[PDB]
Enquirer: 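corticosteroid-binding globulin, bound to progesterone - let me ask you about this one.
Proteins get letters first, then strands, A, B, ... in listed order; numbering begins at 1 in each. Order of appearance sets the numbers: ligands from 1, and atoms from 1 within every ligand. Only heavy atoms go into these numbers, but all of them, side chains included; no hydrogens, no water, no symmetry mates. Per the header: X-ray crystallography, 2.5 Å.
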Amino acid sequence: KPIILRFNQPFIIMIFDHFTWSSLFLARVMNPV
Amino acid sequence: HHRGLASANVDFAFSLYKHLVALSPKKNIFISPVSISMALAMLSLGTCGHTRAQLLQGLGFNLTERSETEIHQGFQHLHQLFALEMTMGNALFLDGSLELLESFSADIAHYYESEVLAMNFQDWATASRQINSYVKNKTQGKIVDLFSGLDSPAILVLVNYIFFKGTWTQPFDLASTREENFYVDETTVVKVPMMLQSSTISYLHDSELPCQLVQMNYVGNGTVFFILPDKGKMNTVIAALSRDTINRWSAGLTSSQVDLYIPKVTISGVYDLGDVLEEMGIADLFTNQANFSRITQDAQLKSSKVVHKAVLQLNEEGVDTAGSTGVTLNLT
Ligand SMILES: CC(=O)[C@H]1CC[C@H]2[C@@H]3CCC4=CC(=O)CC[C@]4(C)[C@H]3CC[C@]12C
């Protein structure tokens, strides 16, 4: 039975370069629109 | 050279983010840490004394274990590696009344491959519009109006830009996208385009922290963590953000069948990072005591502003993001 995961509340995005491990982008999404 | 300053830059990244978050209760935050790090590292090339040491330490570097040279070579190797699509670049906009020291020009060319563009800052309205035009092109239209005309004057402006286009290895289903409730808080609910995919995804319900997370790749080297803290637990999770936590998450993540609902996101941050950088220890740079004596021979400079703009467009195909950091300097 599949896990249901809804990003319908404040969440965090972290974007990394796997090669250098750089933190490219960091987000706190309180309101996506 | 790959990972030499990962630990420092990521520490700086998390730190800056945590400070930014504490100084704004309810707003979206979006930043490019690597752009801020590269901008400030370049700026340190013109610094001396307490100003220099304080800035490099605030950027996460231990100066007793790695030289200034090693740090700049690391940023050079980073820059080479970046410059489906990723681009990163540095520019220096200079007043005609300012003769740069040769060794400074040599260093920014060597380590940061900076463009050097001679402008007339007497008309800030035109100068700022020109610099803005430059950043807009370099970020393929994503970052506009980086500088205001409201801003103070300047004699010298340093700019970093970053642009990134990632394609999900696992795209969302365009036919499944629909309006759903987004609970901003207990009382505030908005309508948002919510994407779906049902597939094998790296998932972890954290046992040590009140959150679940997934990890997703882009074609090529990019990867992304989406972290959903439990109702009202955002700040708890944020406080735990660290390289160590990412390592523990990375060990815990398991391929699982997940119905994954993630909204389309379009957000953009605009920051004056002065206050925050001072909270992080980087202070003398903004005062009359600033030591910029590696830039020119006989002018006393200080930083007036560090600005940062970042934009995120997230959809079913992937991510379109850009960032840019500006530092203005003027005569004290
Ligand atoms: C294996 C993997 O997915 C990579 C992608 C991003 C990587 C992390 C990026 C940030 C990072 C910086 C460090 O200096 C220590 C290791 C870590 C914490 C990395 C561990 C391995 C990760 C999680």
Enquirer: What other chains contribute a heavy atom less than 4.0 Å from an atom of progesterone (ligand 1)?
Expert: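 By heavy atoms, the other chains are A, B.
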Enquirer: Which residues from the surrounding chains have any heavy atom less than 4.0 Å away from progesterone (ligand 1)?
Expert: A:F16, A:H18, A:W21, B:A6, B:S7, B:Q215, B:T223, B:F225, B:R243, B:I246, B:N247, B:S250
Enquirer: Go through progesterone (ligand 1) atom by atom and flag the ones less than 4.0 Å from a non-hydrogen atom of B:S7.
Expert: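 In order of number, 14 (O).
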Enquirer: What residue and atom, counting heavy atoms only, is the protein's closest point to atom 7 (C) of progesterone (ligand 1), and at what distance?
Expert: A:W21 CD1, 3.4 Å
Enquirer: Do you know the source organism the PDB entry gives for chain A?
Expert: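 By the entry, the source is Homo sapiens.
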Enquirer: Within progesterone (ligand 1), which atoms have a heavy atom of B:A6 less than 4.0 Å away?
Expert: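 Atoms satisfying the 4.0 Å criterion: 14 (O).
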Enquirer: Looking only at protein heavy atoms, which one is nearest to atom 1 (C) of progesterone (ligand 1), and what is the separation?
Expert: A:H18 CE1, 3.6 Å
Enquirer: How is chain B named in the entry?
Expert: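 The PDB entry says corticosteroid-binding globulin.
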Enquirer: In progesterone (ligand 1), which numbered atoms sit nearer than 4.0 Å to a non-hydrogen atom of B:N247?
Expert: 16 (C), 17 (C), 18 (C), 20 (C)
Enquirer: Counting from 1, what progesterone (ligand 1) atoms have a heavy atom of B:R243 closer than 4.0 Å?
Expert: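 Once the distances to B:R243 are compared, the set is 12 (C), 13 (C), 14 (O), 15 (C), 18 (C).
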Enquirer: Can you name the atoms of progesterone (ligand 1), numbered from 1 with element, that are less than 4.0 Å from a heavy atom of B:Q215?
Expert: 3 (O)
